[PDB]
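Section: structure with 6-thioguanine.
Numbers restart at 1 for each chain; the letters A, B, ... are given by sequence-line order, proteins then strands. Atoms within a ligand are numbered from 1 in the order they appear, just like the ligands themselves. We read in the header that X-ray crystallography, 1.9 Å was used to get this structure.
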Amino acid sequence: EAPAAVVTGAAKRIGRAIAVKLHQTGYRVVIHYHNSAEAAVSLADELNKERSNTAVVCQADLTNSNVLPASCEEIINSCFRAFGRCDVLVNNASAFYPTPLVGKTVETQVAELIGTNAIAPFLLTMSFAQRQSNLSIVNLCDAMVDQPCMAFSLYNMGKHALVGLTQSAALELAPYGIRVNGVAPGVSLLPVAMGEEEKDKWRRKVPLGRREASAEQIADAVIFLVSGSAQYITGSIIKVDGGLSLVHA
Amino acid sequence: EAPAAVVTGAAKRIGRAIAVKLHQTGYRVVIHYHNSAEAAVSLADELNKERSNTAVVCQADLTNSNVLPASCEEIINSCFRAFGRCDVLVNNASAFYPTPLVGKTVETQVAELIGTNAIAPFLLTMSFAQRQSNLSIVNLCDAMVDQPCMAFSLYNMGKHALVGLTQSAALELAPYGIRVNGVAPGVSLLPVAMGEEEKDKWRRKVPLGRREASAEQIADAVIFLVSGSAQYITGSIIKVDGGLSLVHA
Amino acid sequence: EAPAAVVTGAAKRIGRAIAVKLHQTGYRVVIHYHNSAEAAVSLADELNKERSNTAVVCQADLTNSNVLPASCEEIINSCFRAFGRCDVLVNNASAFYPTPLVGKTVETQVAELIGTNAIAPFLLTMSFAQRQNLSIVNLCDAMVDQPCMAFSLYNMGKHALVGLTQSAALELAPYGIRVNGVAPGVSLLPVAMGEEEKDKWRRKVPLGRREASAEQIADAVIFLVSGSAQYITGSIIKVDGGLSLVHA
Amino acid sequence: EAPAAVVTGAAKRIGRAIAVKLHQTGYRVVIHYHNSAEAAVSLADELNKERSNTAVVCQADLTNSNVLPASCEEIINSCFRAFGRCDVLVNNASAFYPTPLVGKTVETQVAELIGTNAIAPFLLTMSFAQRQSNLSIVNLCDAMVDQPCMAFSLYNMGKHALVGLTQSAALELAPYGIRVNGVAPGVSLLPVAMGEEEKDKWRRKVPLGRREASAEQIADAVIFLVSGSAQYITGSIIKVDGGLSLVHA
Ligand SMILES: NC(=O)c1ccc[n+]([C@@H]2O[C@H](COP(=O)([O-])OP(=O)(O)OC[C@H]3O[C@@H](n4cnc5c(N)ncnc54)[C@H](OP(=O)(O)O)[C@@H]3O)[C@@H](O)[C@H]2O)c1
Ligand SMILES: NC(=O)c1ccc[n+]([C@@H]2O[C@H](COP(=O)([O-])OP(=O)(O)OC[C@H]3O[C@@H](n4cnc5c(N)ncnc54)[C@H](OP(=O)(O)O)[C@@H]3O)[C@@H](O)[C@H]2O)c1
Ligand SMILES: NC(=O)c1ccc[n+]([C@@H]2O[C@H](COP(=O)([O-])OP(=O)(O)OC[C@H]3O[C@@H](n4cnc5c(N)ncnc54)[C@H](OP(=O)(O)O)[C@@H]3O)[C@@H](O)[C@H]2O)c1
Ligand SMILES: NC(=O)c1ccc[n+]([C@@H]2O[C@H](COP(=O)([O-])OP(=O)(O)OC[C@H]3O[C@@H](n4cnc5c(N)ncnc54)[C@H](OP(=O)(O)O)[C@@H]3O)[C@@H](O)[C@H]2O)c1
Ligand SMILES: Nc1nc2[nH]cnc2c(=S)[nH]1
Ligand SMILES: Nc1nc2[nH]cnc2c(=S)[nH]1
Ligand SMILES: Nc1nc2[nH]cnc2c(=S)[nH]1
Ligand SMILES: Nc1nc2[nH]cnc2c(=S)[nH]1
């Protein structure tokens, strides 16, 4: 029997690259998505034509609410229903937009930015562990958490909380043989709404090649951490940033 | 006129010591409380005996909810109402209890531990900044954030988010002349519920005198950070832990 | 042709496992040693039996001195003479013993602990870069911010090594040279240590209540030098079973 | 009886401001210097004019060598000889210049940069402890230690080692009642050699005021750490950087 993975926000960009690479390594995959239904089903279709019955999709909003615990439970339940086991969880889904200290209500901004980036990872980790060999969780963090973008306080709060979860969950789930680690991109795939001039500005900041990480490069680090080559690694966060975090103002 | 400070959770323990020390330094103070009305008024009475009309109380639940933004705005407004200005915000209020990965609903535990420790500070910070000299904010963090207590994941996530708020707000509010810093206790006043045996276990681990920090030692670092002696300091977190965070397992 | 790696302190324990795994991946290797000549040679012979003319040894003291820069240049040069290239440097060699604040002279303790852990790595890095998937991997310590009592000079050396990893990552990135670290917590315990003392350390590790094998540390080194790590520089990977997360 | 302090590299700039402020607070001071003999003697004279017999000078090269331990022992001995006690050590002296990886020999550069910034502090700390109230040591570190200047590898190594010393010594000397802490400037007094246009380049990076720290602002943080307001603080490093270390590339 092949092992099974849940990947959150897996329809496009980095989450798709992680899902694809896990599938190429021999995992069966749950492609979680929120709004990108067409891209999700398209991806599932490509993977299933490579190996029959190895990919399913699963829709869920990961905004904080009183029903979020049930949604996260159902995500993990979908992996067990499709494949009979759940070996790996990748917490990739993330809301990302500014929240100036000095449109959506603030309560909605808190719910989305802290829900997607921190509370849903926590609830999915709870559900994953309570349902349970090489078991692991990988959280997508941010290499620039201590050198944050101006006006992104709530996003930064969420990613710092995710670092805390990674460490707290590593410590508490170690007795159960569940490893918990992080992968911290610097600049990888730039925002679609970003103009080429702004993208180039960011690219020229990166010491190693003056270019962003490919989605495959991020996925490589995730694959290492779930592999038997990382069997003693837990509570670690691997920066995949081309040196960006090392560059002063 | 005298500057004014808001201290959250100021009725007892560390928040009380901070309020008293700010008052002794010449601040007028807003003593915020949730459940400890008797104790908040007792402190206010003691401070007003020393200087008439220099201490007022303010009630608010700081749990995350649809009304938390309004409650945070009214805490800040109460300082302006009473004293005509607000120079210092101290984010001290904090829920603290375990939340095992493997009684209150989990959605309530999220609301209290992430609301009090992180979301309320963010909303109080926004309100403080919007309503604006030596302006500063001090957040009460935790020196043991990277070596967390077993089964305290939501608490640890909240304190990590508070570190992120401290840094993000320091950056964004620097152009307004508002400094943002933290004080990180290790073991100070032990939980009232804790047994005397476990209390002594924790005391014995501390390199500097095998004892906990008094509330007044924590308050001393807060006084420094809001003073004219700290006018170039922002985004910094001062550990006050007697070396505890340096001690290996 | 095949790439080439220099591994310092490679005769035994962790450095030996790193050299073996690099060789198994297809690297030719320079096995550096200080005092362990018989172990270094027996490793070289074992590897050459697998593939002819793929392993050589190189003796050098890495203690700080006036001759240290020349010694470090000769180690790098030995890789070029043997194999015509040098793609990977692993800074593994390390002196480790207490230096309380309150029969070696203190100047000798300084020379050995700061030399091996920090100054030699810097000099080897300089020589490596000046001679040019190129990368350097430094062996750090996961417990650098929760140090053993009375190991001030050792801890200083290891912190300096973190600094070198970051500074060199930044400076050599334009030449395509990546610089990273692997940080063990408790791996192979000292040879003389009694099992009852070994057990006090093993019991502290959340993931399996055991120390890392040398092979597990080598696994992280192999990842960092591979094509799967080609955007990774200035990063330090903890391989510690969660030990650094455990409070007093 | 007045306590006594040793300040290394105290003839000029930040070390001088530290010596003056300690003196103003009531300390007798040893003014260590290397080349700046006229400035050291000028400072001792000003301080002695204010309170007789409260300042002496001590010349010493702090480059690494087989005689450095003797030199460090002598600096501490000079304090006991003049004042009969030594309560405070401030490790401020520092070489600072680039050492690119790709007319001083590299041997000399290692000696100077690692000697002054790290080995001399270690040996001074040893002598101080062995010759032994509010005893404490303050190391001058660097807020940019993780975002270093290009081509400053040896300097950066020295400062990283000083962080390690601060933490190791705090742990080991706690049982003797000796506290060990750090103060980490960002941009303070800029290099004398640096041109006006570069200086302006750095000033414009600082979020809080777009200016460098005064020497007196750095000294204020040292004063706090040696005071009775910091009796439970050990192994802590206070950044005094106006937010500089928070700014991304
Ligand atoms: N891209 C970078 O340069 C970079 C840099 C640093 C860190 N990271 C981290 O790496 C990860 C992947 O980055 P990325 O750029 O690929 O991410 P992204 O495109 O910005 O977002 C990934 C997915 O998150 C899902 N999502 C957003 N809001 C949601 C909600 N309320 N409920 C459920 N799902 C929601 C979306 O799914 P749908 O499309 O189906 O709606 C989206 O496709 C993230 O965790 C990110 O923070 C990325
Ligand atoms: N004590 C330590 O050893 C230690 C260690 C590390 C960090 N810290 C940090 O230092 C700060 C003070 O510590 P402490 O021990 O004095 O705190 P505490 O006694 O645990 O809590 C202080 C106050 O927080 C308020 N609070 C709790 N839940 C609230 C809610 N839902 N809404 C509004 N207010 C609420 C309470 O006010 P009412 O009583 O009025 O209800 C309480 O008295 C905290 O931020 C803590 O995390 C303390
Ligand atoms: N073992 C652990 O639990 C652990 C934990 C944290 C970090 N680390 C790090 O991981 C690396 C490997 O650890 P390890 O336990 O395998 O190391 P080790 O056995 O203590 O030493 C490795 C080798 O260092 C060489 N060495 C010592 N002094 C030298 C000198 N003056 N000049 C040149 N070489 C010298 C020795 O070579 P010869 O035998 O040829 O004399 C020795 O075999 C080290 O960097 C260490 O600090 C290990
Ligand atoms: N200035 C900044 O923006 C900044 C930023 C970050 C950190 N810092 C740190 O804060 C501290 C003070 O900074 P600063 O700019 O005032 O320092 P500095 O002027 O560059 O150096 C201070 C003194 O160090 C002494 N020194 C240099 N080489 C020596 C040697 N071989 N032996 C003995 N003493 C030697 C010199 O004494 P003599 O003149 O008597 O020869 C010099 O006056 C330093 O540790 C520095 O690294 C400063
Ligand atoms: N979710 C998300 N997070 C980020 N952090 C830095 N860039 C991003 C993008 S484009 N998306
Ligand atoms: N609010 C709060 N936070 C803490 N962190 C460590 N101990 C505590 C206590 S007793 N209260
Ligand atoms: N060289 C060396 N370094 C270490 N760090 C922790 N343990 C060790 C050992 S046994 N050797
Ligand atoms: N010693 C010394 N150290 C520094 N770090 C940043 N600037 C300096 C200067 S000007 N001198």
Legend entry - Where to find 6-thioguanine: ligands 5, 6, 7 and 8
Inset, instruction - Look up in the PDB entry the name of the chain making most contacts with 6-thioguanine (ligand 6). - result: Pteridine reductase 1
Inset, instruction - Return the other chains, by letter, having a non-hydrogen atom closer than 4.0 Å to 6-thioguanine (ligand 6). - result: B
Legend entry - Under-4.0 Å heavy-atom contact with 6-thioguanine (ligand 6), by part of B:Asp142 that carries it: side chain
Legend entry - chain B organism per PDB: Trypanosoma brucei
Inset, instruction - For atom 3 (N) of 6-thioguanine (ligand 6), find the nearest protein heavy atom and state the residue, atom name and distance (0.1 Å precision). - result: B:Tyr155 OH, 3.2 Å
Legend entry - atom 6 (C) of 6-thioguanine (ligand 6) [closest protein heavy-atom partner, distance rounded to 0.1 Å]: B:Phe96 CE1, 3.6 Å
Inset, instruction - List every atom of 6-thioguanine (ligand 6) that sits less than 4.0 Å from any heavy atom of B:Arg13, numbering the atoms from 1 in the order shown and giving each element. - result: 10 (S)
Legend entry - Nearest non-hydrogen protein atom, atom 1 (N) of 6-thioguanine (ligand 6): B:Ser94 OG, 2.8 Å
Inset, instruction - Answer side chain, backbone, both or neither: which part of B:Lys159 comes under 4.0 Å from 6-thioguanine (ligand 6), heavy atoms only. - result: neither
Inset, instruction - Provide the residues lining 6-thioguanine (ligand 6) within 4.0 Å, heavy atoms only. - result: B:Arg13, B:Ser94, B:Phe96, B:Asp142, B:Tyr155, B:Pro191
